[PDB]
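Pictured: androgen receptor, co-complexed with testosterone.
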Amino acid sequence: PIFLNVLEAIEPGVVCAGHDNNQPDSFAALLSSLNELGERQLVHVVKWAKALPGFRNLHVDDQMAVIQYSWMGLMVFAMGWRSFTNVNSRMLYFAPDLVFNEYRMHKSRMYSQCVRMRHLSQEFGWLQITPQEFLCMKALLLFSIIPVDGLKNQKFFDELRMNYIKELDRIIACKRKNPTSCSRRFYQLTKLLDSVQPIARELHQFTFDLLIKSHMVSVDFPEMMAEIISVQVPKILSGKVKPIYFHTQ
Ligand SMILES: C[C@]12CC[C@H]3[C@@H](CCC4=CC(=O)CC[C@@]43C)[C@@H]1CC[C@@H]2O
Ligand SMILES: O=C(O)c1cccc(CSCc2ccc(Cl)cc2Cl)c1
Ligand SMILES: O=C(O)c1cccc(CSCc2ccc(Cl)cc2Cl)c1
């Protein structure tokens, strides 16, 4: 089971937000912390993507590209998994030092999005996602958003992505026999993967808006997040980069 040994080996540990929970909950302080958390998770995402099977087959510019388009979806999905395993999805477990309860949801001014993330989180429970299904789904999220005109080497990207689809099909299928089941299950996992995208997009709009007005509102964006949110998020927002959906929406 080489493919899973690797996914299971390179999975990131806990990342702390650095939030001072002694501060009173405020928009400026909650969002600044979520932003630092994002900066910190990006270092780990980069290191993890580059250790994935087949990832350095991609053109070097394409490597930076797929990471910079898909981090939001990756991080949302993983946070939903954390939330699911650490607090049965009752709260959003951004990090051990930044757990959102209902008060933090309203104060962050992202109540509706948080609610949608909580929903995502509860699906892991509703569908009984195994840890192997989770790891393979999250790997496939690295490959689920690309420019409409293609990458530098799109042919490589297509092959890699096809392979990651087959690995997920394999993880479902090391277990079952009479194949209504395997067929139903693949359908649920692809539907769940698709559902990450509309949420990632709401958060794209949100953080963009907020970067634009950050000075007026005392929210800090660190270097990389400011750069990625000014340079790559708008390509998504302007429709020049789009998610790859399994089913028509
Ligand atoms: C992008 C963002 C900072 C980073 C947040 C993001 C919401 C989802 C999220 C979950 C994580 O586990 C890491 C941080 C991130 C990626 C936030 C929405 C508004 C804020 O600007
Ligand atoms: O280097 C970083 O920490 C960073 C920060 C934000 C976004 C990305 C995407 S780069 C992924 C990558 C691909 C190829 C090479 Cl040579 C080198 C790299 Cl770092 C990387
Ligand atoms: O072990 C695996 O499952 C695995 C998973 C993903 C990718 C790869 C290697 S694919 C990388 C690749 C890139 C371009 C082309 Cl044309 C052809 C290929 Cl085979 C192997």
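So for chain A, numbering is the PDB entry's, and the shown residues are 671-919, in order. Values below: all heavy atoms of this structure, side chains included; hydrogens, waters and symmetry mates excluded. When a ligand or atom number is given, it counts from 1 through the structure's own listing order.
The ligands or chains that make up testosterone in this structure: ligand 1. The largest share of chain A residues contacting testosterone lies in UniProt domain NR LBD. The protein heavy atom nearest to atom 3 (C) of testosterone is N705 OD1, 3.3 Å.
By heavy-atom distance, the residue among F747, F770, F764 lying nearest atom 10 (C) of testosterone is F764. Atom 4 (C) of testosterone has its closest protein heavy atom at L704 O, 3.2 Å. Of all atoms in testosterone, numbered sequentially from 1 with element shown, those under 4.0 Å from a heavy atom of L701 are 19 (C), 20 (C).
Below 4.0 Å from some heavy atom of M895 lie the following atoms of testosterone, by number and element: 3 (C), 4 (C). At a 4.0 Å heavy-atom cut-off, testosterone does not touch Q783 at all. Residue contacts with testosterone for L881 are absent, since no atom lies close enough (heavy atoms, distance under 4.0 Å). Residue nearest to atom 18 (C) of testosterone, selected from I898, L873, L880: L873 (by heavy-atom distance).
Atoms of testosterone found under 4.0 Å from any heavy atom of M749 (numbered from 1 in listed order, with element): 12 (O).
Annotation: atom 6 (C) of testosterone to nearest protein heavy atom, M742 SD, 4.2 Å. Less than 4.0 angstrom separates atom 16 (C) of testosterone from at least one non-hydrogen atom of the protein. Note that atom 1 (C) of testosterone has protein non-hydrogen atoms nearby, at separations under 4.0 angstrom. Near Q711, with a cut-off below 4.0 Å to any heavy atom, the atoms of testosterone are 11 (C), 12 (O), 13 (C). The nearest protein atom to atom 12 (O) of testosterone, hydrogens excluded, is given as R752 NH2, 2.8 Å; this is a heavy-atom distance.
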Find all protein N or O atoms under 3.5 angstrom from an N or O atom of testosterone and list the pairs with distances, or write 'none'.
{"unit_1": "testosterone", "atom_1": "12 (O)", "unit_2": "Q711", "atom_2": "NE2", "d": "3.3"}
{"unit_1": "testosterone", "atom_1": "12 (O)", "unit_2": "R752", "atom_2": "NH2", "d": "2.8"}
{"unit_1": "testosterone", "atom_1": "21 (O)", "unit_2": "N705", "atom_2": "OD1", "d": "2.8"}
{"unit_1": "testosterone", "atom_1": "21 (O)", "unit_2": "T877", "atom_2": "OG1", "d": "2.7"}

